[PDB]
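If you read the sequence from its start, that first residue is 1, and numbering goes on from there. Heads up, header says this was done by X-ray crystallography, 2.6 Å. Scope of the values below: all heavy atoms of this structure, side chains included, with no hydrogens, waters or symmetry mates. Each ligand, and each atom within it, is numbered from 1 in the order the structure gives.
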Amino acid sequence: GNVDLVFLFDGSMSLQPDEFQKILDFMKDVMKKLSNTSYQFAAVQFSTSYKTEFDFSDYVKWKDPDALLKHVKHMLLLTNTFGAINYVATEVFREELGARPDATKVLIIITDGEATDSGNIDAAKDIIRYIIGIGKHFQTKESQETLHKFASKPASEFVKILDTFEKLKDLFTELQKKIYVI
Ligand SMILES: CC[C@H](C)C(=O)O[C@H]1C[C@@H](C)C=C2C=C[C@H](C)[C@H](CC[C@@H]3C[C@@H](O)CC(=O)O3)[C@H]21
Ligand SMILES: [Mg+2]
C-alpha cells in the first residue's frame, strides 16, 4: 500500500561528530534506495527539543535526500524521547504536511541513550514503531529493556540493538536483501 515513514533521530550530546554523521548517512542510504517507490519520508531531530528537518511535502517536492538533510545542525542536548514521539504523532503525521490518509504510519527511532523524560505514547498507538538503540549505553540487558516501551509488540521484532555505529551499515545490507518487486 502506502508507507509514510518518519525517522526520529537522536541528536544528544553523547554523540561524536562522526557518529551523528553515520546516523545521517544511514537515513540517506535507505531513502536513496527507496526513491521513486510508494514510500514517503520525513525527518525529525530530537534532544531536549524537537525539530522537523523536513516533512513529507518537502520530500515529494525536492526529493533529494542530500539536499533535504544538508542543513542539519546537531543539537547537543539531552534525550527527551516521550516528547519527541508525541511530537511526531501530533505534528508530523498531519495532512497539511503531506501525510497520506490511506498510508501506514511507520516511525523509526534512532537513539544512543536512555530517555531523559517521561509520559506516555498513547497518541502514537496506531503507528508502527521500530527502535534502533546504538552503542555503549545499551550494554546491559537492563538498559536494552528501557527501549521496549517505545516500540511495537513484540519487541524482539521491533527493537534493534547495535554495538557500534559501524553496524548501521550491516543493518542496511540486511534491509537490502528484503527488497522485492510485488
Ligand atoms: C526488513 C528488515 C530490515 C532490517 C528492517 O527491519 O527494516 C526496518 C527497520 C529499519 C532498519 C528500516 C526500515 C525501513 C523501511 C521499512 C519500514 C523497514 C521495515 C519493513 C518491514 C517489512 C514488513 O513487515 C513491514 C514492516 O512493518 O516491517 C524498516
Ligand atoms: Mg545521548
| said: I'd love to know the name of the drug at ligand 1. | reply: lovastatin
| task | Find the chain with the greatest contact count to lovastatin and give its name in UniProt. | result | Integrin alpha-L
| Got a protein heavy atom sitting under 4.0 Å from atom 22 (C) of lovastatin? | no
| Distance flag for atom 27 (O) of lovastatin, protein heavy atom under 4.0 Å | yes
| Protein heavy atom under 4.0 angstrom of atom 13 (C) of lovastatin, is there one? | yes
| Top UniProt domain of chain A touching lovastatin | vwfa
| task | Can you sort out which atoms of lovastatin are near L171, meaning under 4.0 Å from one of its heavy atoms? | result | 11 (C)
| said: With respect to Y130, determine whether any N or O atom, backbone or side chain, lies less than 3.5 Å from an N or O atom of lovastatin. | reply: yes
| message | Using a 4.0 Å cut-off to any heavy atom of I108, which atoms of lovastatin qualify? | response | 10 (C), 12 (C), 13 (C), 14 (C), 29 (C)
| query | Does this PDB entry show a covalent bond joining lovastatin to the macromolecule, and to which residue and atom? | reply | none
| query | Backbone, side chain, both or neither: what part of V3 comes under 4.0 angstrom of lovastatin, heavy atoms only? | reply | neither
| said: What would you say the binding site of lovastatin is, if we count heavy atoms under 4.0 Å? | reply: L5, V106, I108, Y130, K160, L171, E174, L175, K178
